[PDB]
Structure formats: structure tokens, C-alpha cells
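Reminder, nothing fancy here: chain letters follow the sequence lines and each chain counts from 1. All ligand and atom numbering here is 1-based and tracks the order in the structure. The analysis underlying the following values was restricted to heavy atoms, covering all of them including side chains, and did not include hydrogens, waters or symmetry mates.
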Amino acid sequence: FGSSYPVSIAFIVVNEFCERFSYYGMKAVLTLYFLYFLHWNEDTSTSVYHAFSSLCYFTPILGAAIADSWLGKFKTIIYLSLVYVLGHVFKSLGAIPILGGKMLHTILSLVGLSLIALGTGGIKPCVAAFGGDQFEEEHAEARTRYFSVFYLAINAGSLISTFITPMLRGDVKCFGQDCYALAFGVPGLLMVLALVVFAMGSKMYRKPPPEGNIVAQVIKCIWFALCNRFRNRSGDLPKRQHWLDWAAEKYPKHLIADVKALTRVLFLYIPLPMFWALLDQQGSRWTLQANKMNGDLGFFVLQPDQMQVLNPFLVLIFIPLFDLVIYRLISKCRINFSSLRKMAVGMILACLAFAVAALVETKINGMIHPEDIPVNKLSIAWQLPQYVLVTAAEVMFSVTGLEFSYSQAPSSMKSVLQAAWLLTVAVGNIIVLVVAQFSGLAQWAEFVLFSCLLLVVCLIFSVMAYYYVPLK
Amino acid sequence: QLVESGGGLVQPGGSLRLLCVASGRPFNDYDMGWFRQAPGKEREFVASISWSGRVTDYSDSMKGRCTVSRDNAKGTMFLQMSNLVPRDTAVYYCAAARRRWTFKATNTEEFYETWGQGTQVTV
Ligand SMILES: CC1(C)S[C@H]([C@@H](C=O)NC(=O)[C@H](N)c2ccc(O)cc2)N[C@H]1C(=O)O
């Protein structure tokens, strides 16, 4: 409207929102679809759901490789949103109990899930990179606000999906049975509308072309750099001052610098999967903690599961609260949060949140009687401080990480650093899956262990970020 | 393995609590199901309870209200029908399937690999 914020981004978050909505509207019912429509084993349903989730988290690598090395972006976004819509059509077409049975349903559902994962993996990094591209490199202050609004749109979509999805699958009869066709059709229509709104702003975007087969050049440069040193019986200048400087006979300097920046950022991101895994282990253990505390609140009876909705909601309050106020206050004095102190402080806040959760668990355990009621029984409150702390940590880490990944990425490969971010998230989720089974510790000991692990991970990340040399 | 069953005659509008006890491998490895075979009919599906009992499903008929429960300690599973009608005067079978990965429907006799003998609940 005024300046510094292109109209284009209007059709970059409204799309993102409309996408996240749809996604969360499909996953929420997904497991039930396996159990009560396809009538699958519990093990089979859980395994298929987890495989779909993992593929969704991992596909961002293929999405970015397609986007940056070829076809540019806004054409990978369009052509992968088309695949997303096709997968949605298949998935909603496989939930109709009229045609075929137990064979067409399974095949169509699996193909739709595969296509949905492929589309999501390539709509996720490319859309953020495109929205960032819409801003001039000079206007680095507005890009951070754009990324904050992007994250806010994602979280608003999540909250609205939680609040709206139970209405679709509640007491609806598609064809003499529960209406599972609608539960997938509505997300399909939402994704169609997201694609429509994104495409409507084609004349306004700032589509930058790709700089070539950047992935192939990067891999070849790394290969040559590692091969040159192998002077087993010789060698006078294998590669000095860096492990890439003497992969320079070929691969002109503009490519060596870009691959150097990529490798530096990857080395920085190495420890983030552990943080993602540890911070993910709070939507399950905190339910167990909530089940053991009072939830009447006098006014409204609050179930433990509903407490989950308190994390997205709080995010909606902190994204504008921080950016507009807290950060502003930090700028009053000489304090200079350089997008890497923000992430370290976020990790520290998450560690403190888990320590507070352990303290609350200890307080719960210290129960004694005076239907008998425990006098020292905690209300569902006292879970507010830990939710607030972990939510502040998540906001500060995620928004700053998006901005850092975009800002510290060479122009040729802007959308592969977003892929690296999402890949750290995916590996963290994989670690969560692997370590979920190993559960033999008390709740309080588990929480204190998670807090200590988060502290150590934050220490390692801070020590690695102190020596990080920013792109210039 | 070696599943069993227990039940007998009930009043026309009464209730029963059918049993199923496993006398072998652990009860935590088995997804269980209740079927019925009315005289001169086929084996219909009555209920299914997954390992750990976290997932429970009932046939479309589910005459009255049927509830399936199971405790893995001592390996014993219950079915609690409540609002029986002169119908459903069939023989009830308990079936067990070892946990595994399959695409076969959990509401079919093919999924279950060990069918124990059945009771003769009548009305
Ligand atoms: C963790 C994310 C980066 S946000 C979104 C969703 C994902 O699991 N989570 C939420 O919507 C939720 N608000 C949430 C919960 C726990 C968190 O640590 C972060 C976000 N999924 C990931 C993705 O985008 O790849």
C-alpha cells in the first residue's frame, strides 16, 4: 500500500494459509480413514501414517533441487501444486465406497498420499524462497516482517484446522456410511483455491530465472575438491586455506564462493535435528502430565488433549508481540540480536521450559491427602509457564531460522537453504521416531534429561555460531 | 494362541459377558476379534479389538451396544452385549492374529489366523 511491501506477497501467505489449512484437514482424519474405512491393522495404519509424514518432511530436497537447478521457481510451485491437487483428487476419489472395494480404495489412497507428499515437498521451500525474492536485497528489514507474517499464516491455518476439522467428520453420511469423501474433498478444494490465488498474482511477481544446474555444479565441485587432495605418494599444494580453494582450476570463483557458503551453513545446521527432536517431545509427555492434574478451572472444564490448541494460539500472540514490541525495545539500547543470538536464546528458552515442566511434574508427584480429593493437586494451570516459554523459544528459533536461511544463501541457490532447514526438521522427526520406543524412565527424570540435552545442544550450537563467518 | 470362549443362554432382552482367554504366547502380540455363525448362515463379524485395546471397532449391526475390552495381564478379553433381541442367536467365535504388517481388512475372517471354538449363546 504505502511502500516497502509489494502487493505480491498478498498472494503468498493467503496461499500458504489456504495450503496449511488443507494439509492439517487431511492428516487429522488420515489415521481414522485407515482404521474405520480401509479397516487396517493398528500397526499397518501407524506405519503408513509415519511413512507418509517422513516422506513429506524429506521431499523438500527434491523440491528445491527441481526449483533452483532447472525450471526456476513459480514454475516448480505451479507444477507441484498441480501434482498436489491431483493427489488430493485421487485421495478423495479413493474414499468413495461406490466404485471398487478394498483394492481401488487402497491403490487410490496410496497414490494420492504419494502425490500429496511430492507436492508438499516443493511447495514448502519454494514458496518461502519466492516470497523472500519479492523483496529487494536492500530492504532486509521488511523481509524479516514478511517471514514473521508467513509463520503467522502457517500457525493460523493450523489453529483453524484444529477448530474446524471435527465438524466435517462429525455425523455425516456420504453414501450410507460415514462421509470420508468430504473430509478429503474440502482440503482438496482449499488447495485448489490456494493455487488459484497464488496464480492470480502472476503478473505482479518478480520471477528470477535459475542460474544453471547449480546442484550438479555443486556436487562436481565438492567431488573435485575431495579428489584433488588424494596425493598419497606426492603433494605440494593439495588445497590450502580451505578444502575448496584448489578445486579452482575449474569451477570459477563465483561457484566456489557459493558452495563455500552452502557448506558453512550446513555445518552450522548440523546440530539442529537434535533440537527439533527434543522440542518435538512435548506434545506427548505433556499430555501424560496434564492427565494427572485438575482441569475444572471453575469456569470451563478443560480436557488434557485440548491443551494442545494452546501452543498454536500462543504463537499467534507472540509473533506480533515480539517483532513489533520486544525486538523494538531491544533496539533501544546497543543490544544487537544478529539472528544467531536469537536462535541461541530460543534454545535456552526451550531448555528452561523443559526444566519448568520437570519442576511441575515433581510438584504433581508430591501429592498427599488431607471421593477423596488431593489438597495439593495442581490445576491445569501451572502448565501455562512452560507453554509460554516453549512457545517463545519456538517462535524465536523458527522465524529467525527462516530469515537466516534466506539471507545467508547465495542467489543461485536461495531455495536449497530452505530445503536444508526442512531437512534438519525431517531428520529431527526421524530421531523422534527412533527414540520414541525407548521409554523406560520416570516423567520427571525424562524431562530433566531433555532439558540437559537441550542445554548441551544449545552450547554446541552457540560455540559453532561464534566461529561462523557470515556471507557478504 | 489356544483361545477359548465362555457364555450361555440369556433372557430375550438381557445381556451377556463373553470371555476369551489366551493360554500361550503373550496376549500383547495378538489383535482379537469376535465373529458369529448363525445356524445355516455364514460367519459374520461382530467386533474387533487391537493390541493394547487402543482401537475398537464394531459391526454395522452391533445389536444393541457391544463393547470389547481386553487386559493383556493374564491375557483375557471380554465382550459385553447389552440389548439382545431374539435374533443373533448364533455361535460366537474368538479369533486372534499375531501383530504384523498387512493390507487385509481387520473386519474379515482372512485377517485372523487362529479361530477358537465358539459358545452357543441363545435367546
Ligand atoms: C515444525 C514445522 C516447521 S511447523 C509445521 C507443523 C509441523 O510439524 N507444526 C505446527 O503447525 C505446530 N504449530 C508446531 C508444533 C511444534 C513445533 O515445535 C513447531 C510447530 N510442521 C513443520 C514444518 O513446517 O515442516
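The compound at ligand 1, a drug or drug candidate, is named amoxicillin (bound form).
Here, the chain sharing the greatest number of close atom pairs with amoxicillin (bound form, ligand 1) is referred to in UniProt as Solute carrier family 15 member 2. Other chains within a heavy-atom distance below 4.0 Å of amoxicillin (bound form, ligand 1) are, by letter, A.
Entry annotation: chain A, source organism Rattus norvegicus. For amoxicillin (bound form, ligand 1) and chain A, counting UniProt transmembrane segments from the N terminus and using heavy atoms under 4.0 Å, the segments found are 1, 2, 5, 7, 10. With a non-hydrogen cut-off of 4.0 Å, the residues around amoxicillin (bound form, ligand 1) amount to A:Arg20, A:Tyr24, A:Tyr57, A:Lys124, A:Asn155, A:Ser158, A:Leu279, A:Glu394.
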